[PDB]
Visitor: 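The following entry shows KH1060 complexed with Vitamin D3 receptor.
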Amino acid sequence: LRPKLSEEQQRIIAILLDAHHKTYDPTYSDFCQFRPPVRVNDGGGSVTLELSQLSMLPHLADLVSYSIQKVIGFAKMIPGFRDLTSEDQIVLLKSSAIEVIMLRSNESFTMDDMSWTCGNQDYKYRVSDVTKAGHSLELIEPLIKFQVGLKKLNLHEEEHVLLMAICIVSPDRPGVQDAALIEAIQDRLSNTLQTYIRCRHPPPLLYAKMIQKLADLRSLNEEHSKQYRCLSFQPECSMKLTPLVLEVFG
Ligand SMILES: C=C1/C(=C\C=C2/CCC[C@]3(C)[C@@H]([C@@H](C)OCCCC(O)(CC)CC)CC[C@@H]23)C[C@@H](O)C[C@@H]1O
């Protein structure tokens, strides 16, 4: 049974594609405005040295902070999001920010060399850059596995934006008040995605795979939170972050 997308579902897709195009610059032209990337000698991947310098933290914190601002803008355009109270909106944004960043970054991720390529060598981010920002393999390895698995689903941009929207409007986040309204908004998005898939996605299970990526994201979120807490213990770490990053992860 392949019901056609309703006029409403078509509108939801057009709105999400527009929101993404307005909030994700595929040329990465703003990145030179961030504090500059610095890459120190760390072939040994020394934790002591990485924590002592946190060379790539200013740049990656600025990239993440910028990305959170973009995610806030994207979320505000999701059909139904503005119906939620501001408190619920903020709870959802703070809890999903890192997950949406991991999802949206798949657009710059490339399997050519397993990096997030955003321009010249200066803005090519590799695993070694994340270690230079103070993170460990317990987060990085699973993150790369997630990027590759997501890349291989070969999602249509419609599916990609719907997945980000579904990730943000999740009723099971701790602290949510009106879970039922959030579930209604999410269900409207989920049905749109399921309909789109069994309608526009050429053969050769995709929906279940996408749902599984949302579960993987919860695991990555938890590991990232654990590592952020540890990083926050490093003296002077707050200056290398930004007020928005401090609030969202603090
Ligand atoms: C962001 C975006 C991009 C890349 C994402 C990356 C590469 C760098 C390392 C990141 C940011 C990972 C992250 C695990 O690295 C640094 C973690 C950052 C922090 O915990 C808080 C700032 C301090 C160490 C998650 C996603 C990774 C570029 C572009 O696709 C826009 C997108 O919007």
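So for chain A, numbering is the PDB entry's, and the shown residues are 120-164, 216-374, 378-423, in order. Note that ligands are numbered from 1 as they come in the structure, with each ligand's atoms numbered from 1 the same way. If you're wondering, the header gives X-ray crystallography, 1.5 Å. As a basis for the values below, the full set of heavy atoms in this structure was taken, side chains included, without hydrogen atoms, waters or symmetry mates.
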Visitor: Between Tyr401, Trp286, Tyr147, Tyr293, flag the one that comes closest to atom 6 (C) of KH1060 (ligand 1) by a heavy atom.
Guide: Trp286
Visitor: Give the contacting part of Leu233 toward KH1060 (ligand 1): side chain, backbone, both or neither, where contact means a heavy-atom distance below 4.0 Å.
Guide: side chain
Visitor: Has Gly304 got any heavy atom lying under 4.0 angstrom from an atom of KH1060 (ligand 1)?
Guide: no
Visitor: Considering non-hydrogen atoms of the protein only, which is the closest contact for atom 15 (O) of KH1060 (ligand 1), and what is the distance?
Guide: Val300 CG1, 3.8 Å
Visitor: Considering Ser237, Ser275, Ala303 one by one, which has a heavy atom nearer to atom 4 (C) of KH1060 (ligand 1) than any of the others?
Guide: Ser275
Visitor: What UniProt domain of chain A accounts for most of the contacts with KH1060 (ligand 1)?
Guide: NR LBD
Visitor: Does KH1060 (ligand 1) have any atom that is closer than 4.0 Å to a heavy atom of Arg274?
Guide: yes
Visitor: Is the contact between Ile268 and KH1060 (ligand 1) made by the side chain, the backbone, both, or neither, using heavy atoms and a 4.0 Å cut-off?
Guide: neither
Visitor: Is the contact between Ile310 and KH1060 (ligand 1) made by the side chain, the backbone, both, or neither, using heavy atoms and a 4.0 Å cut-off?
Guide: neither
Visitor: Any idea which residue and atom the entry shows joined by a covalent bond to KH1060 (ligand 1)? Or none?
Guide: none
Visitor: Note the single closest protein heavy atom to atom 11 (C) of KH1060 (ligand 1), along with its residue, its atom name and the distance in Å.
Guide: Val234 CG2, 3.6 Å
Visitor: So is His397 polar-close to KH1060 (ligand 1), meaning N/O to N/O under 3.5 Å?
Guide: yes
Visitor: If we set the cut-off at 4.0 Å for heavy atoms, which region of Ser235 has an atom near KH1060 (ligand 1): side chain, backbone, both, or neither?
Guide: neither
Visitor: Strictly inside 4.0 angstrom of atom 22 (C) of KH1060 (ligand 1), do you find any protein heavy atom?
Guide: yes
Visitor: May I ask whether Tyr143 places a heavy atom under 4.0 Å from KH1060 (ligand 1)?
Guide: yes
Visitor: Could you find the nearest protein heavy atom to atom 17 (C) of KH1060 (ligand 1) and give me its residue, atom name and distance?
Guide: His305 NE2, 3.4 Å
